[PDB]
Amino acid sequence: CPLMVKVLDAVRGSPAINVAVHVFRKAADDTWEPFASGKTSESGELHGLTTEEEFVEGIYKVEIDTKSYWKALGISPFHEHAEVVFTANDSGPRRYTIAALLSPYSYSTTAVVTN
Amino acid sequence: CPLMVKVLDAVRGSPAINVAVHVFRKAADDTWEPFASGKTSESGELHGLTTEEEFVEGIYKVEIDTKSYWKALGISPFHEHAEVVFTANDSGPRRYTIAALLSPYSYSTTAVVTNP
Amino acid sequence: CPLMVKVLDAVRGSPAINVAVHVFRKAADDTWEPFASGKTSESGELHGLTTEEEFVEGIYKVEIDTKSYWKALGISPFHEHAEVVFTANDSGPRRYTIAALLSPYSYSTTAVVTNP
Amino acid sequence: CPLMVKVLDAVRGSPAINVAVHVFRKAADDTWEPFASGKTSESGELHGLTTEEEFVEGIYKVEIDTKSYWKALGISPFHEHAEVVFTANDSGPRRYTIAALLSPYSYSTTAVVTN
Ligand SMILES: COc1ccc2c(c1)c(CC(=O)O)c(C)n2C(=O)c1ccc(Cl)cc1
Ligand SMILES: COc1ccc2c(c1)c(CC(=O)O)c(C)n2C(=O)c1ccc(Cl)cc1
């Protein structure tokens with residue numbers, strides 16, 4: 001699993017569950033091509049988005065539908081989403097965990113890139 | 001000054017200076033139309049992006065060029081940018097302070113929204 | 001004004017107003033001696049905690065009463081406080097902006113340190 | 001495992017490995033009593049700090065030696081540490097993950113409290 005998304009809820013101190021996540025790869029014409037998507041699990045995790053063969057070097061956008069999440073909880077969100085855009089660079093072997101910590105008017109995102 | 005961007009460097013504990021910031025507004029055809037852009041000052045602040053008149057309702061995207069920032073400091077960062085997308089002025093005009101806190105492999109973005 | 005505290009509410013996208021902030025300085029006997037305290041203003045800022053003369057080298061602890069803040073807003077928060085401990089003025093006097101961003105179950109604390 | 005500490009490095013995008021973590025419980029005389037400690041693993045995780053029998057309701061301080069971590073990497077840190085102070089409240093069953101995201105001049109901490 002070369003790309004994992006973890007989403008947490010800083011309001012309730014919980015995994016952010018059932019959050020729609022879309023992954024896009026930047027196409028040669030500079031447009032975002034849908035690549036993978038899912039909903040975060042009960043652990044606020046989204047596994048199996050892609051495989052190592054599919055996850056080639058490129059620019060990726062991870063779009064987390066944070067707004068729908070906050071709408072489900074009845075809390076007015078600021079952001080339309082959380083958009084995590086990064087270069088997957090092959091180098092040595094790598095696994096990407098895109099973590100998002102969500103608040104209504106704030107999100108933080110971090111990459112954990114490991115061997 | 002209804003839209004301000006404040007960028008901080010979490011490695012140096014300083015304002016993130018001369019960070020390029022691009023603001024786009026979602027057009028009727030769902031494309032991102034260039035709305036405004038600028039550089040953060042020495043205080044890591046970007047003022048005068050827009051006006052009360054120009055800053056109408058819409059979905060705005062603030063794209064903060066964090067990559068070029070980190071690269072100029074000799075760091076290869078993870079993200080291409082910090083990018084804040086939001087509906088502005090849905091309940092009437094508000095003042096928006098978009099703050100980004102930057103680390104090479106992480107950023108947070110927060111909004112202070114106030115009613116003038 | 002060598003020490004400023006800025007508290008933001010990440011739920012409301014607003015300054016965190018009337019947040020009690022206690023500053024302690026580590027004494028020679030390793031105890032935390034009360035150094036200064038105050039409330040954040042309407043802008044979520046706390047100015048005038050100390051002076052250049054008073055704010056000597058040391059290890060300082062800034063304790064932000066986030067719990068009472070969230071409780072007054074009807075939220076039972078996780079943390080008792082946001083609490084920033086740091087060595088101040090080791091390389092000579094600096095200006096410190098301690099910023100805290102608050103969510104009921106999370107906070108970030110950042111320092112902007114500048115040379116006057 | 002009723003209390004888990006996870007520490008990440010926002011500079012290198014990695015688990016924060018070998019970070020000393022001390023857990024304290026507030027004693028009746030209002031002093032911090034050492035309760036548990038460890039060093040974060042290769043996954044930046046600290047498991048087995050306590051047991052459900054030991055982890056009674058109370059006020060806990062999780063102190064993360066962030067400064068030593070940054071000193072090891074040769075990066076000048078702002079904070080002496082990251083001090084996470086919270087009330088463990090029994091309620092229904094609970095597991096506490098104290099996560100810290102570390103930058104030299106910034107730390108964020110989040111609680112993930114689950115069943
Ligand atoms: C006026 O609104 C803000 C917002 C955030 C601020 C600040 C001011 C100042 C200082 C000031 O301008 O007074 C600092 C040091 N801030 C941060 O540390 C910070 C925290 C979270 C994020 Cl996501 C981004 C930046
Ligand atoms: C429930 O347990 C957590 C909590 C946070 C986590 C992770 C796992 C992983 C999983 C991993 O990559 O190992 C990443 C990347 N997390 C973060 O980004 C993060 C976000 C906010 C804070 Cl305050 C601290 C850390």
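Lettering of chains follows the sequences in order, A, B, ..., and the numbering in each one begins at 1. Each ligand, and each atom within it, is numbered from 1 in the order the structure gives.
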Drug name for ligand 2: indometacin
Chain with most contacts to indometacin (ligand 2) (name per UniProt): Transthyretin
Any idea which other chains come under 4.0 Å from indometacin (ligand 2), counting heavy atoms? A, D
Give, by chain and number, every residue with a heavy atom within 4.0 Å of indometacin (ligand 2). A/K6, A/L8, A/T97, A/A99, A/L101, A/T110, A/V112, D/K6, D/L8, D/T97, D/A99, D/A100, D/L101, D/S108, D/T109, D/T110, D/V112
Interfacing atoms of indometacin (ligand 2) (cut-off 4.0 Å, heavy-atom, D/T97): 1 (C), 2 (O)
Atom 20 (C) of indometacin (ligand 2) [closest protein heavy-atom partner, distance rounded to 0.1 Å]: A/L101 CB, 4.3 Å
Should you measure from each heavy atom of A/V112, which atoms of indometacin (ligand 2) turn up under 4.0 Å away? 12 (O), 15 (C)
I need the atoms of indometacin (ligand 2) closer than 4.0 Å to a non-hydrogen atom of D/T109, numbered in the order shown. 23 (Cl)
May I ask you to identify the nearest protein heavy atom to atom 17 (C) of indometacin (ligand 2), giving residue, atom name and distance to one decimal place in Å? D/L8 CD1, 3.1 Å
Tell me the organism the entry assigns to chain D. Homo sapiens
Give the numbers and elements of all indometacin (ligand 2) atoms closer than 4.0 Å to a heavy atom of D/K6. 3 (C), 7 (C), 8 (C), 9 (C), 10 (C), 11 (C), 13 (O)
A/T110 neighbourhood, listing indometacin (ligand 2) atoms whose heavy-atom distance to it stays under 4.0 Å: 18 (O)
UniProt L-thyroxine sites of chain D near indometacin (ligand 2) (heavy-atom cut-off 4.0 Å): D/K6, D/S108
For atom 18 (O) of indometacin (ligand 2), which protein heavy atom lies nearest, and how many Å away is it? A/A99 CB, 2.7 Å
Could you tell me, for indometacin (ligand 2), which of its N or O atoms are under 3.5 Å from any protein N or O, listing the pairs and their distances rounded to 0.1 Å?
unit_1: indometacin (ligand 2); atom_1: 13 (O); unit_2: D/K6; atom_2: NZ; d: 2.9

